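Depicted below, avibactam (bound form) in association with Beta-lactamase.
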Amino acid sequence: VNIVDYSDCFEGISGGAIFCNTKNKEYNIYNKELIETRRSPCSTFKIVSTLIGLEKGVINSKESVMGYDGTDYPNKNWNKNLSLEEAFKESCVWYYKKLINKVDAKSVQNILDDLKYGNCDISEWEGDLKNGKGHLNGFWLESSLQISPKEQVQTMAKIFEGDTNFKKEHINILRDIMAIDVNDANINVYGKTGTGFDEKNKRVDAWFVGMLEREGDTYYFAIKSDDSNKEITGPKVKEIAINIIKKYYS
Ligand SMILES: *C(=O)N1C[C@H](NOS(=O)(=O)O)CC[C@H]1C(N)=O
C-alpha cells in the first residue's frame, strides 16, 4: 500500500485515485480519505447492471435491444433501438432503466451482496424523485446505493479476475463494450464514466472506473472527483485518469 501524489494530473480539481495490481498486491492510493468514502456510483453502475441483465437473460449479446418505443429525447442517439454496446457507450438511461425494471429486487439485492457492492442499499428503487426527472432515475443515481472508490476497484477485480459466478461469456461482452481508445497500442484501457451532483453537500460525483492491461500486469482503478465546481463531469475525470495512466503506468 503506497500513498502517492497524482495531484499534478488533477490540474487543481479535488479528487483521488486508487490503482490495484492483485498479482503483487500493490495498492497505489492518492487521497486515502476520499478513496475510502462511499458515494453514489451514478452511471458506473452500468458495469454491474449489464452483467445483471445478461445473467437474467434480459439481454444476451452486445447486439441486444430493449424495444425502443419512440419516446422523444434530447440526445439524438437515444432516439433509436440501440444495441447494448451503443447504450453502454451513450450511457442511455432509458435502456438501462427498462433493463433493470425487468429484474426482481431480491435478485438484485443478492447479486450486490455477493459482489460486496458498497452499502448494497436498493431501498430507494425509483431513485431521487425530488429532482423532477421521474422515470429517468434509479437507486444507483444520487440515491440510496453508495460505494467507495476502493470498493469499486475490489468489485472490478472480483469480476474480471473470474472470482464471481457470472458467465465468462458475459464478462467478455462487458470487456468488449468497456474498451477505450487511448491512442497508445501498448496498453489496453477499459472503463466507464459516471456523473452526478450531490445536492446535500453541493459537490459533484464524477467517476472513471475500470482496468488497465500493460504486458502481463493488470491494474484495477477508480478515479473520483468531489469538486464543488459543477463543470467537473465523468468525461473530465476520464481525461485525468488517462493522463495518470500515461504518466505513471506506462
Ligand atoms: C450517469 O452517470 N448518467 C447517465 C449519463 N452518462 O453520464 S456519463 O457521461 O458520466 O457517463 C448522463 C449523466 C448521468 C445521469 N444524469 O443520469
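Quick note: residue numbers are just sequence positions, from 1. Order of appearance sets the numbers: ligands from 1, and atoms from 1 within every ligand. The deposited model was determined using X-ray crystallography, 1.7 Å.
For avibactam (bound form), the atoms closer than 4.0 angstrom to any heavy atom of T193 are 8 (S), 9 (O), 10 (O), 11 (O).
The nearest non-hydrogen atom to atom 6 (N) of avibactam (bound form), considering only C92, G234, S91, comes from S91. Less than 4.0 angstrom separates atom 4 (C) of avibactam (bound form) from at least one non-hydrogen atom of the protein. Against a heavy-atom cut-off of under 4.0 Å, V93 is close to the following atoms of avibactam (bound form): 4 (C), 17 (O).
In the deposited model, a covalent bond links avibactam (bound form) to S43 OG. Remark: distances from the non-hydrogen atoms of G196 to avibactam (bound form) are all 4.0 Å or more.
Atoms of avibactam (bound form) found under 4.0 Å from any heavy atom of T195, numbered from 1 in the order shown, are 2 (O), 8 (S), 10 (O), 13 (C), 14 (C). Note on avibactam (bound form): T233 sits outside its first shell, no heavy atom being nearer than 4.0 Å. The residue-level binding site of avibactam (bound form) (heavy-atom cut-off 4.0 Å) is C42, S43, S91, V93, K133, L141, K192, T193, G194, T195, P235.
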